[PDB]
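Co-structure: JMB2002 and Spike glycoprotein.
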Amino acid sequence: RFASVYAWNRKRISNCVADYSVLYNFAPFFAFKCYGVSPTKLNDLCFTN
Amino acid sequence: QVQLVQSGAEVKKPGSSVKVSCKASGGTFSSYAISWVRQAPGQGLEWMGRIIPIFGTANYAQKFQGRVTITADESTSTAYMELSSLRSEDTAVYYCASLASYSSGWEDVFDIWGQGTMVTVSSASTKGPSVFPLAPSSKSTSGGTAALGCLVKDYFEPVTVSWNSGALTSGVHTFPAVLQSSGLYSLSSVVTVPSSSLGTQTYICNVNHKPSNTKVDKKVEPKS
Amino acid sequence: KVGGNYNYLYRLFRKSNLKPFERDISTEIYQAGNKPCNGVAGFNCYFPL
Amino acid sequence: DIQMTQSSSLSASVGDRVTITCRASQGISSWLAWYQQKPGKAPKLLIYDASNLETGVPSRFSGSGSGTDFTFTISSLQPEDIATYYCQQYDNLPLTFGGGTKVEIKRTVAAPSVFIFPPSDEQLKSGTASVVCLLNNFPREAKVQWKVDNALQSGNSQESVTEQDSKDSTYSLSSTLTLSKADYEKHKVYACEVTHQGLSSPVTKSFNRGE
């Protein structure tokens, strides 16, 4: 899904672990960039939701 | 150490798209930044755009956006330039230079420059020149000197006009590139030689046009 | 400069914390570890500057 | 938008001091450079900071000024200074360059070698005629006009001036008339009269139908 920029789909992901080292880093994902945080540190720093 | 090399000359029709590039030789593609600048006949340098291959940031001049597009890559390590809907006025030479403002507190100046890519726009195509000699009268002699002419018209664009198989160079007067209304160019060379030699010594004028790979040699003769 | 002034740069990530009054002139691409990196690459092998 | 104006052509002899400035409408924050360039060739950068020379250029070249003004200077001219120089602004992204000041090695004036030749039968049998007027080894300004049939005519010839000669700083103006064979045979005399910044009078040279 989410084939359009309008009526875009969103999710509230909370009460759960986020292993960005394996998730969001698989092979099909070609590009990956960040603002205000480097990915290698985002692997460690966490938040509320 | 860094050095740049550009593509060869190009010639195409108005309203079409022209493609040109420059190799990012020397150093590395990551430690290099390219910028394209135009220089039109009878005008100074003029900016076209800038591109940083590693950062991917690009911009254009306020009068060439859309008309001009810039791209680059690392697999070939070169900045790609494409000019669309080119006018007849777009006949000019384009330069690709190093953008120093990319790293380490340098500023937006060009320390390394390429050779240059000549892009010409006309209705004609690449064809050989038409050549013919002069024919001065004997009474044209003046002060021990006489003129000898060799003209080229309807050519399409370097034409080397040499005298005595190129063995004569003193007093060579040459035309700059002048285009006719038919979309063709012309060039003529005229030399000053001793007047007593006219008629007694043999002189010949030669022409060469590398694009079409042709030569023309003609003998000049007075008449009365 | 409007959309310019690229000559000013900073390092986002490093192999280790820089020591006091240290200075790394080199701009070698950080290694990711999970994959070989000799040229440009993705997650962790991005241009450090 | 920001722009500049170099102030356009100069002539100097080896040893003297020359100065050039490129004005602007708004104060450039000392972000100005100057290049050396032969007309229609890849430039060479000389000054990139207002008071710092690049590696490779001798101290003979220099520059001064700050803010909304600048002055490029050569402490002494040499024969290698036969080229044009471009003032460049890089205060903002929309890069612009100057028109380019050109300084020519100065060897004093000389009288021109004036000449003429009518067209050949090769040109005549094709339905057209041409007459080349000549000025050789002379500053640059000059003019050519024609008086076929003793009456004044103008606007029918192509005037082309050659770049400066490095041997004597002289120039060469080679011009050519081009008309039809009908226009050739209509008039009883075809004449070129040459005017030049230095010449005693309009130099008259003509021919007739047969010759």
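Chains: lettered A, B, ... by order of sequence lines. All residue numbers given for chain A refer to the PDB entry; the residues shown span 346-394 in order. Chain B is numbered as in the PDB entry; the shown residues are, in order, 1-156, 158-225. All chain C residue numbers match the PDB entry; in order, they span 444-492. Heads up, chain D uses the PDB entry numbers, so what you see runs 1-7, 9-139, 141-213. Only a part of the entry is shown; contacts are counted within it.
- Lab note - all copies counted, JMB2002 located at chains B and D.
- Contact chains for JMB2002 (heavy atom under 4.5 Å, other chains only): C.
- The largest share of chain C residues contacting JMB2002 lies in UniProt domain BetaCoV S1-CTD.
- Heavy-atom pairs under 4.5 Å with chain C: among the chains of JMB2002, the most are found for chain B.
- For JMB2002, the epitope on chain C defined by heavy atoms closer than 4.5 Å is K444(C), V445(C), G446(C), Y449(C), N450(C), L452(C), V483(C), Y489(C), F490(C), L492(C).
- A heavy-atom cut-off of 4.5 Å gives a paratope of JMB2002 towards chain C made up of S30(B), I52(B), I54(B), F55(B), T57(B), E74(B), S101(B), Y102(B), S103(B), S104(B), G105(B), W106(B), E107(B), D108(B), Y91(D), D92(D), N93(D), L94(D).
- In the PDB entry, the name given to chain B is Heavy chain of JMB2002 Fab.
- For chain D, the deposit records the name Light chain of JMB2002 Fab.
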